[PDB]
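What follows is a set of notes on a single structure, which appears directly below.
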Amino acid sequence: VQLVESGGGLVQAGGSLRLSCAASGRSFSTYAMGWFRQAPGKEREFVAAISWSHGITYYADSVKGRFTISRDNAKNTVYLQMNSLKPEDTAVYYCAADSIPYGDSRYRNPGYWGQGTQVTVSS
Ligand SMILES: O=C(N[C@H](CO)[C@H](O)c1ccc([N+](=O)[O-])cc1)C(Cl)Cl
């Protein structure tokens with residue numbers, strides 16, 4: 001099983017990116033999925049999550065109104081649309097999958113982690 005992030009890059013402040021997390025080896029349609037980030041010299045932090053259940057999403061306060069998480073089960077892919085990017089959004093972004101299917105919104109150590117994609121937002 002592998003999660004692979006793509007869609008990172010270097011963008012002017014105020015611009016947008018769309019990150020993709022493509023899963024292989026297993027359908028994750030029954031699993032909640034999440035995006036996290038780690039800025040240089042800082043700890044990993046939650047960005048957004050999307051349930052297996054239609055329409056249920058969660059966002060860190062710092063990205064509310066700017067980022068949107070979505071998923072496409074036919075492509076086995078989760079997306080992070082990132083609008084109104086700020087220099088403080090510069091980080092490696094990681095996608096992850098819940099440790100169990102059909103989970104609630106309580107904290108669990110994610111069961112699978114990707115290797116990350118770099119996002120750099122210029123001045
Ligand atoms: O983001 C995730 N887990 C967070 C960690 O804070 C939390 O455990 C969670 C799990 C499920 C969920 N959901 O079903 O929408 C939301 C958050 C995993 Cl889905 Cl990768």
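Just so you know, residue 1 is the first one in the sequence shown, and it goes up from there. Counting starts at 1 for both ligands and their atoms, in listed order. Technique stated in the header: X-ray crystallography, 1.4 Å. We use all heavy atoms of the structure for the numbers below, so side chains are in, but hydrogens, waters and symmetry mates are not.
The drug observed at ligand 1 carries the PDB name chloramphenicol. Most heavy-atom contacts to chloramphenicol in this structure come from the chain listed in the PDB entry as VHH-Chl-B2.
In this structure, atom 14 (O) of chloramphenicol lies nearest to the protein heavy atom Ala32 CB, 3.3 Å. Close approach of chloramphenicol to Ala97 (heavy-atom distance below 4.0 Å) involves ligand atoms 20 (Cl). Of the N or O atoms in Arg108, one or more lie within a sub-3.5 Å distance of an N or O in chloramphenicol. Looking only at heavy atoms of the protein, atom 17 (C) of chloramphenicol is closest to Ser105 O, 3.9 Å.
Atom 5 (C) of chloramphenicol has as its closest protein heavy atom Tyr107 CD1, 3.7 Å. Proximity of atom 10 (C) of chloramphenicol to the protein is indicated by at least one non-hydrogen atom lying closer than 4.0 angstrom. Residue, atom and distance of the protein heavy atom nearest to atom 7 (C) of chloramphenicol are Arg106 O, 3.5 Å. In this structure, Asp104 is part of the shell of residues with a heavy atom less than 4.0 angstrom from chloramphenicol.
In terms of protein heavy atoms, atom 15 (O) of chloramphenicol is closest to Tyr58 CE1, 3.2 Å. Of all atoms in chloramphenicol, listed by their number and element, those nearer than 4.0 Å to a heavy atom of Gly34 are 1 (O), 19 (Cl), 20 (Cl). Nearest protein heavy-atom neighbour of atom 1 (O) of chloramphenicol: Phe36 CZ, 3.5 Å.
Residues contacting chloramphenicol within 4.0 Å (heavy-atom distance) are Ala32, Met33, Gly34, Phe36, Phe46, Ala49, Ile50, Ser51, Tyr58, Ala96, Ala97, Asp98, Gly103, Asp104, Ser105, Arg106, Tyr107, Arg108.
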